[PDB]
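Pictured: Fatty acid-binding protein, adipocyte, co-complexed with troglitazone.
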Amino acid sequence: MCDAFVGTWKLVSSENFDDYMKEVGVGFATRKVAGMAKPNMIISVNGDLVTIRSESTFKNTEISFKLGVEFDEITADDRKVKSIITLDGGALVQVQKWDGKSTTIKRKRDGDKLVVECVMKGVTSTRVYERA
Amino acid sequence: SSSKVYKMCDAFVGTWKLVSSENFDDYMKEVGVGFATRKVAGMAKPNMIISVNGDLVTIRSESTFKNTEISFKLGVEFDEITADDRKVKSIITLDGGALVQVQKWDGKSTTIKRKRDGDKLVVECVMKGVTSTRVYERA
Ligand SMILES: Cc1c(C)c2c(c(C)c1O)CC[C@](C)(COc1ccc(C[C@H]3SC(=O)NC3=O)cc1)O2
Ligand SMILES: Cc1c(C)c2c(c(C)c1O)CC[C@](C)(COc1ccc(C[C@H]3SC(=O)NC3=O)cc1)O2
């Protein structure tokens, strides 16, 4: 089931991502650089360890994690958060928490695409990736 | 020490570029990296980006060979997939002023010591007596 996600994925469309970063509290200059980037997302599994890398001109990131186990993460916009990632309706669902706030990032397969739905306080961004 | 800013870390915080490399092929040979992969890894000259946010330390390495990133607390064991795809248990401490990382997997172990020496960050990697040395300076 994790293998539905394993691979290299290139970004293909992006909707409401600006509004979403705005709720998150990302600054103006960062919001415009991040918005132009068009990153790859790479997913791998080594045993019970999952790795998501994201790569672009803006920033290279990587989280390594076990499903269902809280871990510390520094996001690309520099929030220090607690994340838990679960497999949930066949989707990887990540909840990020910091300073009383939370955001949910859902990665789900739909046809040959990987759809990423980030939500915070009503504002939903959608980003679609295809295989490389 | 060596050092630094306000913390004993912060001697390490910044962006570093590879400046020289020694016995790195041999080091990789002892670790079990395959012939073809060693050629690509050995020619790469990576940048190393170290940062701190609270108790969390991050070491990023970036090149055409691979982009990796570890996040960790000092003195706390963590799981790590290395650049050459070993899955290891890793512990990193501040010891004689150096960042000393031990990686354990399949009964084996290696030690990466990251130290300051003048304006250089010097990385020494040891596996069964074979030691490699890689020198970095600030970008
Ligand atoms: C700026 C920003 C990003 C990039 C972000 C998230 C948030 C909350 C952000 O404020 C959540 C996950 C996610 C929506 C995951 O899907 C991605 C979307 C954009 C990017 C572009 C930048 S951010 C990163 O880690 N690597 C990149 O190349 C990567 C992954 O990444
Ligand atoms: C291939 C490989 C690497 C790169 C490696 C180590 C091993 C055991 C390796 O098999 C140990 C630490 C160390 C010697 C630390 O210093 C580095 C030297 C080269 C590189 C080049 C590649 S590997 C990476 O994560 N990013 C890069 O750009 C990174 C770090 O990195």
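Chain letters run A, B, ... following the sequence lines, proteins first and then strands; every chain starts at 1. Basis for what follows: all heavy atoms, side chains included, without hydrogens, waters or symmetry-related copies. All ligand and atom numbering here is 1-based and tracks the order in the structure.
- Contact chains for troglitazone (ligand 2) (heavy atom under 4.0 Å, other chains only): B.
- Every heavy atom of B:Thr82 sits 4.0 Å or more from the atoms of troglitazone (ligand 2).
- The presence of a protein heavy atom under 4.0 Å from atom 31 (O) of troglitazone (ligand 2) is ruled out.
- Here the shortest heavy-atom distance to atom 4 (C) of troglitazone (ligand 2), taken over B:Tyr27, B:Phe24, B:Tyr136, B:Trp16, belongs to B:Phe24.
- Of the heavy atoms in B:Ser61, both backbone and side-chain atoms come closer than 4.0 Å to troglitazone (ligand 2).
- Only the side chain of B:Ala83 comes within contact range of troglitazone (ligand 2), with a heavy atom under 4.0 Å; no backbone atom does.
- Troglitazone (ligand 2) is never approached by B:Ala44 to a heavy-atom distance shorter than 4.0 Å.
- Under 4.0 angstrom from troglitazone (ligand 2), the non-hydrogen atoms of B:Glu62 all belong to its backbone.
- Every atom of troglitazone (ligand 2) with a heavy atom of B:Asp84 under 4.0 Å away is listed here by number and element: 9 (C), 10 (O).
- In this structure, B:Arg86 has a heavy atom closer than 4.0 Å to troglitazone (ligand 2).
- Troglitazone (ligand 2) places these atoms under 4.0 Å from at least one heavy atom of B:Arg134: 18 (C), 19 (C).
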